[PDB]
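Numbers here are sequence positions counted from 1. Recorded method for this deposit: X-ray crystallography, 1.9 Å. In each ligand, atom 1 is the first atom listed, and ligand 1 is the first ligand listed. Side chains are part of it too, since the values below use all heavy atoms of this structure and drop only hydrogens, waters and symmetry mates.
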Amino acid sequence: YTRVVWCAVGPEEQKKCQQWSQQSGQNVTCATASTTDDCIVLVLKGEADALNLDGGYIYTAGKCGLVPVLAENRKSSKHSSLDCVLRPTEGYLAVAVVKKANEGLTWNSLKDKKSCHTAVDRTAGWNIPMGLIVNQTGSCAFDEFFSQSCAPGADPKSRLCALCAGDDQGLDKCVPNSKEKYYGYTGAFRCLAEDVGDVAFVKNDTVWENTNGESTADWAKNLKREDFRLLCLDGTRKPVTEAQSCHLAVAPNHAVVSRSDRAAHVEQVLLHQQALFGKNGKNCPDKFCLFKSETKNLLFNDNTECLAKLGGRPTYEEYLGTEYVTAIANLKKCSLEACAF
Ligand SMILES: *[C@@H]1O[C@H](CO)[C@@H](O[C@@H]2O[C@H](CO)[C@@H](O)[C@H](O)[C@H]2NC(C)=O)[C@H](O)[C@H]1NC(C)=O
Ligand SMILES: *[C@@H]1O[C@H](CO)[C@@H](O[C@@H]2O[C@H](CO)[C@@H](O)[C@H](O)[C@H]2NC(C)=O)[C@H](O)[C@H]1NC(C)=O
Ligand SMILES: CC1(C)Cc2c(-c3ccccc3)c(-c3ccc(Cl)cc3)c(CC(=O)O)n2C1
Ligand SMILES: *[C@@H]1O[C@H](CO)[C@@H](O)[C@H](O)[C@H]1NC(C)=O
Ligand SMILES: [Fe+3]
Ligand SMILES: [Zn+2]
Ligand SMILES: [Zn+2]
């Protein structure tokens, strides 16, 4: 009765989870909710066991008692002797991306421009840039900084949702799941690509993976890396090959979380499921690939090489790092340490 009930966020994740469930012979089954917060609630009620989360959502789950279990680990350079499951994670770079042709937009002229964010509460798309912005402006009024935005999860009538597009029928505008056209890393970068916004807060890998033919999706297939610049905190603009010297932060990798009392079982089941369906898996590309979903980053980021063991049985605070947790705490003061639910 180590069936693990995964929580899928929206219908496209639910469809992938259903295929995973079928292929796993119901070793894994699926609960679904409309939002990441709602999935965390199902886990707190014991109606789902686990899901994989961005760091800002790990902060929410962690305040309510849930614990990190395994982390996404993507390709690396050095440390290459180690098996992926054992290799330390390296964090990803949160960046602010603009079009080269939008000349003289820099970090210091962002006020009153249009912004694209992966979702409220997420690390690169929200906590890092809005925390930096609140700090730099000396003001908690971050909902009045950009003239319009798409920030999935904000009030859909507010200017923080004015750029969001909803689903193809145009329903579900601004919902924080993949139905919203501009949701997530891929959606916020598409929001910039399509010039709906002036700036997208995403990570370094997003720009690479959706330019120069790395994506064949209709909106991405013609994008050229050279037509984008990163915004540096010192006011300069750099090419996207320079993200090691022009990022807003290094983010902790997305990780699986669960109730502490289920962490051990969730871990062993996931280790076995990735041996089947993960990057070199017995049954991938054969039957099912757990870490593919045609660039849509459903359940896991498509660039995940494996889910890796954590060193030191970390608490969510240790996993996130004290400085990130403190930055989050500070930003949340704009809108005392109990579970949000
Ligand atoms: C930014 O992201 C890109 C995409 O993940 C990284 O480029 C990949 O890096 C490895 C080398 O580590 C190459 O083998 C891959 O083939 C690259 N992918 C692509 C699409 O080019 C890049 O290294 C990252 N930059 C920084 C500074 O972290
Ligand atoms: C925004 O500013 C706050 C206030 O300075 C930052 O909070 C401090 O962070 C440092 C470095 O971790 C700690 O030494 C201080 O104790 C923190 N101060 C407080 C009052 O808690 C926060 O890191 C900043 N946000 C961002 C995104 O950089
Ligand atoms: C295993 C972690 C989830 C803990 C952690 C810290 C961390 C933890 C404790 C105290 C400080 C940092 C930092 C990290 C790395 C670099 C910067 Cl500039 C900021 C944070 C990173 C990203 C990285 O791998 O380099 N991680 C990943
Ligand atoms: C299902 O779970 C059992 C128990 O670990 C295991 O023997 C079997 O290999 C698993 N099968 C699949 C298809 O995940
Ligand atoms: Fe993230
Ligand atoms: Zn840095
Ligand atoms: Zn510890």
(message) Can you tell me what they call the drug at ligand 3?
(response) licofelone
(message) Out of curiosity, which chain makes more contacts with licofelone than the others? Name from UniProt, please.
(response) Lactotransferrin
(message) Show me which atoms of licofelone lie under 4.0 Å from any heavy atom of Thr89.
(response) 1 (C), 24 (O), 27 (C)
(request) Can you figure out which of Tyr92, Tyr319, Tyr324 has its heavy atom closest to atom 5 (C) of licofelone? (result) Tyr319
(request) Identify, for atom 11 (C) of licofelone, the protein heavy atom at the shortest distance, and state residue, atom and that distance. (result) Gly321 CA, 4.8 Å
(message) Tell me whether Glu318 has any N or O atom under 3.5 angstrom from an N or O of licofelone.
(response) no
(message) Give me the nearest non-hydrogen protein atom to atom 17 (C) of licofelone as residue plus atom name, then the distance to 0.1 Å.
(response) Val250 CB, 3.8 Å
(message) Does the protein place a non-hydrogen atom closer than 4.0 angstrom to atom 21 (C) of licofelone?
(response) no
(message) So if I look at chain A around licofelone, which UniProt domain am I mostly seeing?
(response) Transferrin-like 2
(request) Return the residue, atom name and 0.1 Å-rounded distance of the protein heavy atom closest to atom 23 (C) of licofelone. (result) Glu90 O, 3.0 Å
(request) Please check atom 2 (C) of licofelone for a protein heavy-atom neighbour under 4.0 Å. (result) yes
(request) Report the source organism for chain A from the entry. (result) Bos taurus
(message) I'd like to check atom 25 (O) of licofelone in this structure: does the protein have a heavy atom lying under 4.0 Å from it?
(response) yes
(request) Write out the residues of other chains lying under 4.0 Å from licofelone, heavy atoms counted. (result) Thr89, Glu90, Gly91, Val250, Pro252, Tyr319, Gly321
Show me a pair-per-line table, with atom names and distances to 0.1 Å, of protein N or O atoms that are under 3.5 Å from an N or O of licofelone.
unit_1: licofelone; atom_1: 24 (O); unit_2: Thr89; atom_2: O; d: 3.2
unit_1: licofelone; atom_1: 24 (O); unit_2: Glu90; atom_2: O; d: 3.0
unit_1: licofelone; atom_1: 25 (O); unit_2: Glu90; atom_2: O; d: 3.2

